[PDB]
**Q** 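I'd like to ask some things about the structure below.
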Amino acid sequence: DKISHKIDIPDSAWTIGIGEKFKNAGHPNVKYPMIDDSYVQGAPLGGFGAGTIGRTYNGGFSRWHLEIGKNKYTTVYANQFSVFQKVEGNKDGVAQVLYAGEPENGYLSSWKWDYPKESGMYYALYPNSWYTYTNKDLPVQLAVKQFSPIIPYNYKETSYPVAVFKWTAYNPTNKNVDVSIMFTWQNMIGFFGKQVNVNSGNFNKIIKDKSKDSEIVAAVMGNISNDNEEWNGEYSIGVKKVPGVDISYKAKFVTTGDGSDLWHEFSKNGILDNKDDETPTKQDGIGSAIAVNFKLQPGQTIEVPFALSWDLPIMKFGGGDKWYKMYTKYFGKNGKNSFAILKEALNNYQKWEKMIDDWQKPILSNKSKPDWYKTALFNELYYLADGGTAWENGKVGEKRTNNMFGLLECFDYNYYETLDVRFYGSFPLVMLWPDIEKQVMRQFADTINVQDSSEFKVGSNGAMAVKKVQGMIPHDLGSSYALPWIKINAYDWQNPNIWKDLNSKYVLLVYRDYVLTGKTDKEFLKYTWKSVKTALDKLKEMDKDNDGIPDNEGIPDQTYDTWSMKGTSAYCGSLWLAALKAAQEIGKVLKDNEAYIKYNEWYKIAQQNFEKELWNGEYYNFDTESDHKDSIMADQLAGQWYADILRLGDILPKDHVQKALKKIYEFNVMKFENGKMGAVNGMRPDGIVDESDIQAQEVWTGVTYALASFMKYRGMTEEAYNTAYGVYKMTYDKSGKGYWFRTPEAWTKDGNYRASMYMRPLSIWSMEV
Ligand SMILES: OC[C@H]1CNC[C@@H](O)[C@@H]1O
Ligand SMILES: [Ca+2]
Ligand SMILES: [Ca+2]
């Protein structure tokens, strides 16, 4: 490996061998079918709302999130980088696809598959990833850095459906070597969203843009139709000419064939026919190829950028709504703009790399933080782009000032912006893209008084219930299978109109967003103030026994949606106390004396009764009325965690919080698989895991990272990082369960999981407040 020296991969990059088999992988631990795409994953490419493409550590373009809200794992075998090399003086060169695998059927049988083991590495530090190729039959060593311009405080480039592939080639030998690198791509129009004749009318064209000192050559892969539909648009791949390289291309090869039309050219001398052909196809799949060829002298290095763009301007949801994706603001809506997006990338990628470096450097250069922590912090952000992210720039047929946004809870539970989850999972948005965060919270504010009297069947008990009650915050903002932003509360396992955490979490999120954007956005507090008051006033009505605290109802009426709480709970009770203190503060900022006085009175009464009802001398009891009411809950003090972040001071005595946190670390962490797997949710005071529900026996990744955050603010530095380390280890480490770029909600003591690709563990960013 002499190529590593020639590029700059950070030490904290996650790394794995190209072609590596992983032995330990976990699987779903639930009864019904659950997504399991295997451990062959990688960092995604694509902006927010663009649709993303997961290129795996083996090289294949395999995890397709181009249909917004859907996860489709299938390798499109024509989509590759390939290399040709010939030592000057030798009769023949060698040609190899850079993919550690081969097609299932006989398509593309002419190409050279099965990139060998122990011949290169994959690295990831999102939004960047790298591959290195160190192969005994490739005398020239190669690496690529790939990325999309995901940039905090930037709402433009961050939206782009584009990826850059910056290649570095180095000749460590004493002979001249001829090298080609070829990017192939299938014309994927009709891959989704087309009911019949999936390739019909697809055609490819070549663009040569020769603006002095800036030749770009690209393929644009589209369809003859000018229709404005979810399926229609264009893909483009291309390359920018640099000194010392020549470009060649082939417009059209058949992907539903043996591939020799292309491969007989490439394998001879690494130079393609430059044959243009815009003939549309009927049944056959087609693709395009772009290649560079160059001679490297001994000791010579060369750098060459390729790019990929996809202009699929319309997203369609299952309920029938069609929306334009955010990036269309910058490139147009007609679906014929892939070349413009590609060109922008090829001409500005250096600038984008520098902008990425500028936002990673403050964390990477901090030598007080261990590498593993850096690995997790950056790579968890994969989910912001990969989470079925929807970001609209107008309804098709319908202009507003705002662009509605949604991030999925996950794909198995297909709900946008699940609020009880986003309480944990929205930290990166508030910290790095706060205009999006504020928009999402205004979306919730606008729903508070919506009343929908139509009925639905509650999954857990079969009872009928009202869809949406006036003054109750919705669970979510719809599903990709139905009508995001339009039909709320897609979730039906429990009735969220009687949840005891949603209204208080809402208020806490409002005040968080004010605090963590510098306590200046008085307009945001004004916009949301009525919804805040309404939310708390409605929750106060659920206090049955007049202790000043809402009563959990002996059913799962909060985020732990199969784990019953009854009476006053530590979890919902602490959130209530914190939310009251937040509303007091807002009342003070907005000079609303009536509200300040009311919420202060409610707070004093509730605080006093919470302490009396739950403090047992060592920790806060789980609740007042359940069978296992004295279980130690990892999340028992969630309200105080948020109160620290919001700078609301002590809602509970310092001495008691410190004792509780130490108890959680001693039991829920250290007595669960020796503290190597996070914080189990529920532990009995005898040191055995609480068995009253599956959720008690799970570690929740987002709960554990948040707990680590809480511990860190309270000066329990070692406990905080040791707690978080188990989540890192299980996700990323060789000794873990292989969940990289699909961090799940939860795992049990055996390491098996529930709900891969989950929003909650984005809470790791709370460790950086
Ligand atoms: O794993 C628990 C989660 C399942 N889906 C709905 C959420 O409200 C819940 O926290
Ligand atoms: Ca270290
Ligand atoms: Ca009560």
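Residues take their numbers from the sequence shown, with the count starting at 1. Order of appearance sets the numbers: ligands from 1, and atoms from 1 within every ligand. Any value given below was found using the heavy atoms of this structure, including those in side chains, with hydrogens, waters and symmetry copies removed. The way this entry was determined, per its header, is X-ray crystallography, 2.0 Å.
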**Q** Mind checking something for me? Which chain has more close contacts with ligand 1 than the rest, going by the PDB entry?
**A**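 The main partner is Glucosylceramidase.
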**Q** Hey, quick one: which of cyromazine, afegostat, girodazole, pamidronate, paracetamol is sitting at ligand 1?
**A**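 That would be afegostat.
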**Q** In the protein, what heavy atom is nearest to atom 8 (O) of afegostat, and what distance, to one decimal place, separates them?
**A**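 Checked against all protein heavy atoms, atom 8 (O) of afegostat sits closest to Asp420 OD2, 2.5 Å.
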**Q** With atoms numbered from 1 as shown, which atoms in afegostat lie under 4.0 angstrom from a non-hydrogen atom of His475?
**A** 6 (C), 7 (C), 8 (O)
**Q** I'd like to know the organism the PDB gives for chain A, please.
**A** Thermoanaerobacterium xylanolyticum LX-11
**Q** I need the atoms of afegostat closer than 4.0 Å to a non-hydrogen atom of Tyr758, numbered in the order shown.
**A** 3 (C)
**Q** For afegostat, find out whether one of its N or O atoms is nearer than 3.5 Å to an N or O atom of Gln695.
**A**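 In this structure, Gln695 places no N or O atom under 3.5 Å from an N or O of afegostat.
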**Q** Do me a favour and list the nearest non-hydrogen protein atom to atom 9 (C) of afegostat with residue, atom name and distance?
**A** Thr559 O, 3.2 Å
**Q** Mark up the atoms of afegostat that fall under 4.0 Å of a heavy atom belonging to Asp561, in ascending order.
**A** 2 (C), 4 (C), 6 (C)
**Q** Looking only at protein heavy atoms, which one is nearest to atom 6 (C) of afegostat, and how far off is it?
**A**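 Here the nearest protein heavy atom works out to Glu409 OE2, 3.3 Å.
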**Q** How far is atom 2 (C) of afegostat from its nearest protein heavy atom, and which residue and atom name does that atom have?
**A**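 Ranking protein heavy atoms by distance from atom 2 (C) of afegostat, first comes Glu745 OE2, 3.3 Å.
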**Q** What atoms of afegostat come within less than 4.0 Å of a heavy atom belonging to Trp499?
**A** 8 (O)
**Q** Only heavy atoms of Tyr413, strictly under 4.0 Å: list the atoms of afegostat that pass.
**A**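 Those atoms are 4 (C), 5 (N).
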